[PDB]
S.K.: 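Dumping the structure here so I can ask a few things about it.
Here is the naming used below: chain letters follow the sequence lines, and residue numbers restart at 1 for every chain. Side-chain atoms are counted along with the backbone in the values below, which use heavy atoms only and exclude waters and symmetry mates. Numbering of ligands and ligand atoms starts at 1, following listing order. Be aware that this covers only part of the deposited structure, with contacts counted strictly within it.
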Amino acid sequence: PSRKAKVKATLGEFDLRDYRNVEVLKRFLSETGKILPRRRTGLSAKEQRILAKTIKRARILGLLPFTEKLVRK
Amino acid sequence: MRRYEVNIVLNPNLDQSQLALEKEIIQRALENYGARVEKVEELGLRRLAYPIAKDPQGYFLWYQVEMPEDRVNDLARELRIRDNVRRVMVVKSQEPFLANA
Amino acid sequence: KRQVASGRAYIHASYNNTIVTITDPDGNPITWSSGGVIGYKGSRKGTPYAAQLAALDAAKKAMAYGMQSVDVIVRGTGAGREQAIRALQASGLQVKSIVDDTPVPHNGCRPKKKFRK
Amino acid sequence: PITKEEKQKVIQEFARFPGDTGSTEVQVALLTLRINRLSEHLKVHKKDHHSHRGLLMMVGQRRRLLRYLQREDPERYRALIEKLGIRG
RNA sequence: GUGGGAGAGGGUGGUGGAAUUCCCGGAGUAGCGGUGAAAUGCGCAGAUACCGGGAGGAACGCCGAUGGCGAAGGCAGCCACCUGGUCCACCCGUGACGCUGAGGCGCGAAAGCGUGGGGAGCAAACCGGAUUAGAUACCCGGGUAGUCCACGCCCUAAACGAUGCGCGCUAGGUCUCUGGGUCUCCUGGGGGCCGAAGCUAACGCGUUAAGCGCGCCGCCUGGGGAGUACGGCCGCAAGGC
Ligand SMILES: NC[C@@H]1O[C@H](O[C@H]2[C@@H](O)[C@H](O[C@@H]3[C@@H](O)[C@H](N)C[C@H](N)[C@H]3O[C@H]3O[C@H](CO)[C@@H](O)[C@H](O)[C@H]3N)O[C@@H]2CO)[C@H](N)[C@@H](O)[C@@H]1O
Ligand SMILES: NC[C@@H]1O[C@H](O[C@H]2[C@@H](O)[C@H](O[C@@H]3[C@@H](O)[C@H](N)C[C@H](N)[C@H]3O[C@H]3O[C@H](CO)[C@@H](O)[C@H](O)[C@H]3N)O[C@@H]2CO)[C@H](N)[C@@H](O)[C@@H]1O
Ligand SMILES: [Mg+2]
Ligand SMILES: [Mg+2]
Ligand SMILES: [Mg+2]
Ligand SMILES: [Mg+2]
Ligand SMILES: [Mg+2]
Ligand SMILES: [Mg+2]
Ligand SMILES: [Mg+2]
Ligand SMILES: [Mg+2]
Ligand SMILES: [Mg+2]
Ligand SMILES: [Mg+2]
Ligand SMILES: [Mg+2]
Ligand SMILES: [Mg+2]
Ligand SMILES: [Mg+2]
Ligand SMILES: [Mg+2]
Ligand SMILES: [Mg+2]
Ligand SMILES: [Mg+2]
Ligand SMILES: [Mg+2]
Ligand SMILES: [Mg+2]
Ligand SMILES: [Mg+2]
Ligand SMILES: [Mg+2]
Ligand SMILES: [Mg+2]
Ligand SMILES: [Mg+2]
Ligand SMILES: [Mg+2]
Ligand SMILES: [Mg+2]
Ligand SMILES: [Mg+2]
Ligand SMILES: [Mg+2]
Ligand SMILES: [Mg+2]
Ligand SMILES: [Mg+2]
Ligand SMILES: [Mg+2]
Ligand SMILES: [Mg+2]
Ligand SMILES: [Mg+2]
Ligand SMILES: [Mg+2]
Ligand SMILES: [Mg+2]
Ligand SMILES: [Mg+2]
Ligand SMILES: [Mg+2]
Ligand SMILES: [Mg+2]
Ligand SMILES: [Mg+2]
Ligand SMILES: [Mg+2]
Ligand SMILES: [Mg+2]
C-alpha cells in the first residue's frame, strides 16, 4: 500500500541534517518509534540515509522516541 | 581548529541561581578548553520522548563554537562531570541538506 | 478489601499459556488468573478457550474488589491472546483501551536454539 | 590530517621551478610526508592493519619513483634523498 | 596538482536506549514452565503474571535494500579524535616513471592454544527428563570450557563468482548506488537482470566474458590407497605447509 500519502510531499522545504527539529522528524515515525521505510517517507537513498542518522541523534538527545507502545489493537 | 555544536541538557528543576551557576561552569569549561563561542541558543525546558534520570522534561542548550579538535573529547568529558548535567553531545557542524527545496 | 474500581488488565500470552493479571492504576496487582488457575493442566492452558476462562475468572475476581473499567495491555503473541481481550470485552467490565506492550529487543541477547534461525 | 598550507609549503620547498606540482621530487616529498605521518599514527594503533596496507603501497610507489630518479638523474636523486633524509 | 563527492573500510576513547538475567522493595496467590504428549525442573523459604529501584554482561530493533565499503578475511546504535582506499570535474605539473611477480614479508572467519580479566544470554562435553526395539541423537530441563576484553599464538575453510592480475577490442535494452553536465537527455565510476556477435560438452557466459587478443604468476595430468607414510620446515599444543 503506502499510497495514503508520502511524507516528503506533506512537508515543505526543511533541513534533513537538523536533528533538533522535532515536529519535522516526528512525521517520519510510525505509531511506534520506528523509522519509516522510503516507500513511506518517499525519500531518496541519500536522503533516507541522512534521515536515519539525524533521527538517531534526536533520539539520543531525548527529542525522539526509540520505541512507542502500540495503542488501539 | 574546527566548528562544533555543543548540545547540553540539564535538570529542569534548577532554580535561577543554580541554573546560571551551571551556565557559568559551562562558560569556564569552554574557555579553559579553548572554545570560542560563535552562536548560542537556550531552549530551556522541553518535554522529552522518554524520561532522563526519571525526570520527564529537560533543559536544552545549544552552542555553536570553534575549538581545537584534539581537545574536544576532553571538554566533553569535563562537561559530563556535573550531576546537574544530564546529557551532552558534540557534533561537527554541517552545511544543511534540503528536501523539497 | 481494597475497592480499586478502576485498573489495568495485563494479558500475558505465550504459545504455552495465557495469564490475566489485574492491577490498580499504579500497576500493583489485586488479582490474577491463568489457564492453569482454571482446571487445565497440560498443553490445554495455551488454548483460546483456556484464555477465555482465565480472563473471565480474573475479571470476576476483580469486580469482587469493586472493579469497573480496565486498561488492557497485551504482551506476547500467542493463541488466545485475542480470545482473552474478547473475553474481557464484555466481562461485565468496560474496556477503556488496549495497548500492545510486547517486549522486543534491539537485538541484545542470543535466543535458545529453538528460536534461532 | 594534512592541511593545505602544509602541502603548499612542502611543494614550494621541493618544486623544481615555480608552479611545479607533479615532478618526481615533489611526488617523493609528498609521499614521504604522508608516510611519516602515517608511521607516527601507527606507533599507536598498532592494531590497525587496513591503514598499514596503505603504508605498504605508499612505500611501493615511493621506492619506484626513487628508482626512476636514480636511473635518469643520479645527482637529483642524491639531492632529494639528502634533503628528505631517507634511505640512509 | 586543484577543487568537489559517497561509503557497516580501519584503530582509540567516550556514549545511548530496548531486551534477558540477577539483587532490593511494593502489591499479589497456586501454580509456573515446557511438549506431539509429557516428564525432569522451578514454586508456601511465596514462584509465575504486574509496578518501582538497582547491578552487570553482551548485541545493536526500525532505517535496511535486489543497497554501500573493503585486497581478501570481513564491516551495521551514537559521538569525537586519528587513518587507509576511492570516484568525478579542470586538462595545470612529471615525462613510459609501466605490468606481473618465484622466494621473502604482512594480513587472514570460526573453532582452538597461553596469560590475565570477564561472564547476562547462549551453549561442546556433561548431568538429568522424554522418545525409541535401543536413542551414546533429534525434543525438554540444567550446564563447564567456550562465546566477551587485552596481549600473544594458531594459518584452516564450500578462505566461493568453486572464475589470478593488468590492458586493448567486440550490439543493445533495462533496474539500481554515486559524481559531473547546457539536467526531457549527455557523461563517468559501481552493483544487478535479459540478451548482438561469439564462446561452451552442455548448463550457461555474454562491455562486471566464461567472447576476441597480448603480458606475467599459480595450478592440472584416471579412481581408490591418501592429503596418508617418510623427510623437512613451522607450532606451547591441537596441528599446519
Ligand atoms: N564503544 C567503545 C569501543 O570499545 C571497543 O572495545 C571495548 C569494549 O569491548 C569494552 O568496553 C566495556 C568494558 O570495559 C566493560 N568491562 C564492560 C562493558 N560492557 C564494555 O562495553 C561494551 O561491551 C560490548 C563490547 O564487547 C558491547 O556489546 C557493549 O555495547 C559495550 N557497552 O572493552 C573494550 C576496551 O574499551 C573498541 N576499543 C572500540 O570499538 C571502541 O572504543
Ligand atoms: N571513513 C571515515 C568517515 O568519513 C566520512 O567522511 C569522509 C569522506 O567524506 C571524505 O573524503 C575525502 C574527500 O572529500 C577529499 N576531496 C579528498 C580526501 N582524500 C578524502 O578522504 C579520503 O582519503 C584520505 C587520505 O588522503 C583519508 O585520510 C580519508 O579517510 C578518506 N576519506 O573524507 C572523510 C574522512 O574519511 C564521515 N563523515 C566520517 O565521520 C567518518 O570518519
Ligand atoms: Mg503449557
Ligand atoms: Mg599495483
Ligand atoms: Mg564505518
Ligand atoms: Mg534494563
Ligand atoms: Mg519481590
Ligand atoms: Mg518440588
Ligand atoms: Mg523492573
Ligand atoms: Mg569486489
Ligand atoms: Mg557523545
Ligand atoms: Mg617537458
Ligand atoms: Mg603487483
Ligand atoms: Mg621485507
Ligand atoms: Mg584466523
Ligand atoms: Mg576466535
Ligand atoms: Mg581465561
Ligand atoms: Mg539455558
Ligand atoms: Mg541443551
Ligand atoms: Mg539426553
Ligand atoms: Mg524405532
Ligand atoms: Mg531411556
Ligand atoms: Mg580463551
Ligand atoms: Mg586475539
Ligand atoms: Mg559463495
Ligand atoms: Mg559475479
Ligand atoms: Mg564481487
Ligand atoms: Mg544532478
Ligand atoms: Mg559487492
Ligand atoms: Mg548466439
Ligand atoms: Mg541458471
Ligand atoms: Mg546473459
Ligand atoms: Mg553497467
Ligand atoms: Mg570455459
Ligand atoms: Mg594441488
Ligand atoms: Mg596445491
Ligand atoms: Mg594408479
Ligand atoms: Mg593414482
Ligand atoms: Mg589436513
Ligand atoms: Mg610429519
Ligand atoms: Mg617446536
S.K.: Okay, next thing: the drug at ligand 2, what is it?
M.R.: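 It's listed as paromomycin.
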S.K.: List the macromolecule sharing the largest contact count with paromomycin (ligand 2), named according to the PDB entry.
M.R.: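 The main binding partner here is 16S ribosomal RNA.
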S.K.: Judged by heavy atoms, which other chains are less than 4.0 Å from paromomycin (ligand 2)?
M.R.: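 The heavy-atom check gives D, E.
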S.K.: What name appears alongside chain D in the PDB?
M.R.: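 In the PDB, it's called 30S ribosomal protein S15.
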S.K.: What residues, by chain and number, sit within 4.0 Å of paromomycin (ligand 2) when only non-hydrogen atoms are counted?
M.R.: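 Sure - by heavy atoms, that gives D/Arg34, E/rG4, E/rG5, E/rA6, E/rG7, E/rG9, E/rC82, E/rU83, E/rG84, E/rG85, E/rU86.
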